[PDB]
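In this PDB entry you will find berberine.
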Number of protein chains: 2
Amino acid sequence: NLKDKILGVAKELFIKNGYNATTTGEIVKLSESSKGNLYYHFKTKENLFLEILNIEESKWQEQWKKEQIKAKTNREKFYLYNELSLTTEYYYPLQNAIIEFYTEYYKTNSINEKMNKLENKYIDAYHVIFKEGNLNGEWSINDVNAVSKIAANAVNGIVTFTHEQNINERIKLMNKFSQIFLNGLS
Amino acid sequence: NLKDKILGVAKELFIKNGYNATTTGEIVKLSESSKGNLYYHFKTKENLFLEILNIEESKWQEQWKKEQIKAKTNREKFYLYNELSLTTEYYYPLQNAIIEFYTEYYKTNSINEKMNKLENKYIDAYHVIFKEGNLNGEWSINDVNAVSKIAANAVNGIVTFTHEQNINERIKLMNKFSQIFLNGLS
Ligand SMILES: COc1ccc2cc3[n+](cc2c1OC)CCc1cc2c(cc1-3)OCO2
């Protein structure tokens, strides 16, 4: 459990103080742990942070696994997933500590590698919507991996680079894109 | 020069270290300048940054015009614009700096007031490529302004969230996208 308490106190610390700002001395004392132990488990603050990101991503995966019960067809699952990504980012705290981490440990192929292994988990989501949609012939795509990376990064920049518009607008652009994209696949 | 040897050091500094990573002291120091210089020409530091942005947005917008003849129809102009975006040296590079800086000053108003200013220069290249396309007959888009905004960001996502993998796979990815997209329009 001492492992988990470290993960827990860290997530919080990162939300309240940001990334570069949180210190491992803090992490160790607030988790009533030890420097030694922390090294044993994570080796670095960067990996500590990465581990968190896996666990969040694990929750998200799970979160969505239930929210999708209200999407009967895959066309639907595509529109809904794109939206949830847009809406649920507004009020998702970690988001700042991530932006702060990514725009730093970005130039390190070292971290950037573990970073991608993770970026794929968020990409498979689509991978599946497209596969299924295929079997249920909702469309007939055939390089689901390419189309999937395209969708994940398109959606992603709509989410990221539109922060200046008021939410009722962003959610409007996003649904349109889902249509134009989905449209261009048939 | 002096003032043109400052922007010269900021540009690069922002691109390397980050929006934060590079501090006022940094700039001026490696800029061989006085901390006052900044004051009369470059108001604030976020100002020196919001400056290098239009600089970049123009240099690129310009380079685009000089090469956009290679593309005969507007449908070709679409692929090409997106294609070149991946390879330019202008603007796109400090796209990270942007993200960081937007979330680090979004709780102010000189943000939307000037972001949207740079954001209208940005999505403009598509405005014309789509507008003309209507005139040209290559397609019919009623919401051009909308579509421009959407396209510009999906594309900025692809250019940005893929900077690490083989430069040629990007051009491939980007082109299957430009296709899926133009397809959804007609
Ligand atoms: C409401 O809760 C949310 C909402 C949204 C979340 C979004 C993401 N994660 C947790 C979330 C979460 O965790 C609880 C972790 C992994 C991830 C990788 C990404 C991405 C978004 C996310 O964009 C592209 O790469």
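Lettering follows sequence order; numbering is per chain, from 1. Method reported for this entry: X-ray crystallography, 3.0 Å. All heavy atoms count here, side chains included; hydrogens, waters and symmetry mates do not. Every number for a ligand or one of its atoms is a count from 1 in the order of the listing.
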Partner of berberine (ligand 1) with most atom pairs under 4.5 Å, per UniProt: HTH-type transcriptional regulator QacR
Which other chains are in heavy-atom contact (under 4.0 Å) with berberine (ligand 1)? A
Which taxon does the entry assign to chain A? Staphylococcus aureus
Find all residues with any heavy atom less than 4.0 Å from an atom of berberine (ligand 1). A/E56, A/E57, A/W60, A/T88, A/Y92, A/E119, A/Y122, A/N156
